[PDB]
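Co-structure: metyrapone and Camphor 5-monooxygenase.
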Amino acid sequence: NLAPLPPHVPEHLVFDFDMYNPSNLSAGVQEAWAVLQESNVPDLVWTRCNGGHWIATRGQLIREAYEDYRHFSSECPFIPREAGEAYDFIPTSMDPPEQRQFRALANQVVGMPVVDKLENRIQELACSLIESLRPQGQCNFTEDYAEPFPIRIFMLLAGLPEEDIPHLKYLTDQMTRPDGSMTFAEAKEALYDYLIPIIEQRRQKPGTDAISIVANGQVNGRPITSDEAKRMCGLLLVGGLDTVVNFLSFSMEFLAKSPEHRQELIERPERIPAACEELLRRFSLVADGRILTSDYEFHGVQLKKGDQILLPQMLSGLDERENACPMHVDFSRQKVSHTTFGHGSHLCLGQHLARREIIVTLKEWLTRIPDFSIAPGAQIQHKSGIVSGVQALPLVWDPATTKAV
Ligand code: HEM
Ligand SMILES: CC(C)(C(=O)c1cccnc1)c1cccnc1
């Protein structure tokens, strides 16, 4: 299902990429997207899939478009257009200077000082989850750790019932890796039905949870509205439920396959932080975009006002012009260059939270379960979308090689 090419698009710029179902999926999701950086592919292409849109393929263009909010607006950041259209999260569907005030609040809730406060719980939950898995010699990493770990910390931050996990996660999943079961707007509405009552309750009777702070915050000297709060919280939810969750499984899947990488971390733990950035570069997973606010000529291509452009965060660090041997994991690269957490005004506020969760997991898993591998005859499947994922990650190990702490 290719849409007829608009008049302004030179046929030589066509490259029919399906962000939802790339061709090489079997080879891995990052590998499937990297096809866009092959020699035969222009720097800026048009795809007729998902209704027709541009895709910038190089770290340089992505960062440029990201910096340029005058031309490239966050107003309609999702493809297909109907999704970008229905998209109304804050601060994400706003451009500076408006974005700034909401960002400042969102920072209050997820920023550094919060992580610093949550640290012991993060470490507590990791250790507990791992210890519980250890003696089994086998899990479903995706369902066994990658989901509970980051989710439960979020649920704690947000003050929401663990019981709501399944329902929330389903809906979150519909936004980033649509099934066909529901449209973005339906998914969005349903999360909204969830939130409303909660916000109301927390405007009346404030807690110390993230939702309470958001619901009662100040923006531009006045009180946030209910609708604004509902709209920030919607973003926070997706961030908590759908980001770190997917990242951990790619990393884990790599670790399962590379004994030498595991060992390196065990003997030279001072390398963990460096390793985490490298894994963030290699297993980068997000791809959203922007809308053209006007006609504009960008690197010699004419973009028409209203044109959508996918600026895959994923691709910057995979770009050879940016990283030598991009597909190779090397914990000792002189310069790890990525835009995994975005670029420009929308740089991810939850990055601090995500790094703390990644580092704790590596340190804590390796400690207890130094030696593991993918289950025999398990075929690992990746999934593409706004946020890519791993479908299931069967791991096996000998309990006898584990260490209890
Ligand atoms: C692997 C982990 C994550 C990755 C790769 C990631 C990636 C991103 C990206 C690329 C953006 C910018 C989107 C744009 O420019 O349209 C973003 C924004 C944002 N992320 Fe993260 N995210 C992650 C985890 C988190 C977590 C755990 C939270 C907190 C619950 C969070 C909260 C935010 C917020 C609030 C924004 C909006 C900032 C603004 O619009 O000013 N993210 N994230
Ligand atoms: C692409 C993006 C920004 C994403 O991956 C994300 C979501 C919340 C926090 N951090 C990143 C996203 C995903 C789903 C809904 N809105 C935004």
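By the numbers in the PDB entry, the shown part of chain A spans 10-414. Ligands are counted one by one from 1 in listed order, and the atoms in each one are counted from 1 as well. The figures that follow rest on heavy atoms only: side chains count, while hydrogens, waters and symmetry mates do not. Method on record in the header is X-ray crystallography, 1.6 Å.
- The full list of places where metyrapone can be found here is ligand 2.
- Within the listing of metyrapone (ligand 2), atoms 13 (C), 14 (C) sit less than 4.0 angstrom from a heavy atom of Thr185.
- Within the 4.0 Å heavy-atom criterion, neither part of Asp251 lies near metyrapone (ligand 2).
- Closest to atom 1 (C) of metyrapone (ligand 2), if we only count protein heavy atoms, is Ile395 CG2, 3.5 Å.
- Only the side chain of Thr252 comes within contact range of metyrapone (ligand 2), with a heavy atom under 4.0 Å; no backbone atom does.
- Atoms of metyrapone (ligand 2) found under 4.0 Å from any heavy atom of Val247, numbered from 1 in the order shown, are 13 (C), 14 (C), 15 (C).
- Protein heavy atom closest to atom 3 (C) of metyrapone (ligand 2), with residue, atom name and distance, is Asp297 OD2, 4.1 Å.
- Put simply, no part of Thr101 is less than 4.0 Å from metyrapone (ligand 2), judged by heavy atoms.
- The closest protein non-hydrogen atom to atom 9 (C) of metyrapone (ligand 2) is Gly248 CA, 3.4 Å.
- In this structure, atom 12 (C) of metyrapone (ligand 2) lies nearest to the protein heavy atom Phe87 CZ, 3.8 Å.
- For metyrapone (ligand 2), the polar-atom distance check against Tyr96 finds a nitrogen or oxygen pair separated by under 3.5 Å.
- Looking only at protein heavy atoms, the nearest one to atom 5 (O) of metyrapone (ligand 2) is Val396 CG2, 3.3 Å.
- The heme-binding residues of chain A named by UniProt that have a heavy atom under 4.0 Å from metyrapone (ligand 2) are zero in number.
- By chain and number, the binding site of metyrapone (ligand 2) (heavy atoms under 4.0 Å) reads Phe87, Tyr96, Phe98, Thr185, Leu244, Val247, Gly248, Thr252, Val295, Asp297, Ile395, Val396.
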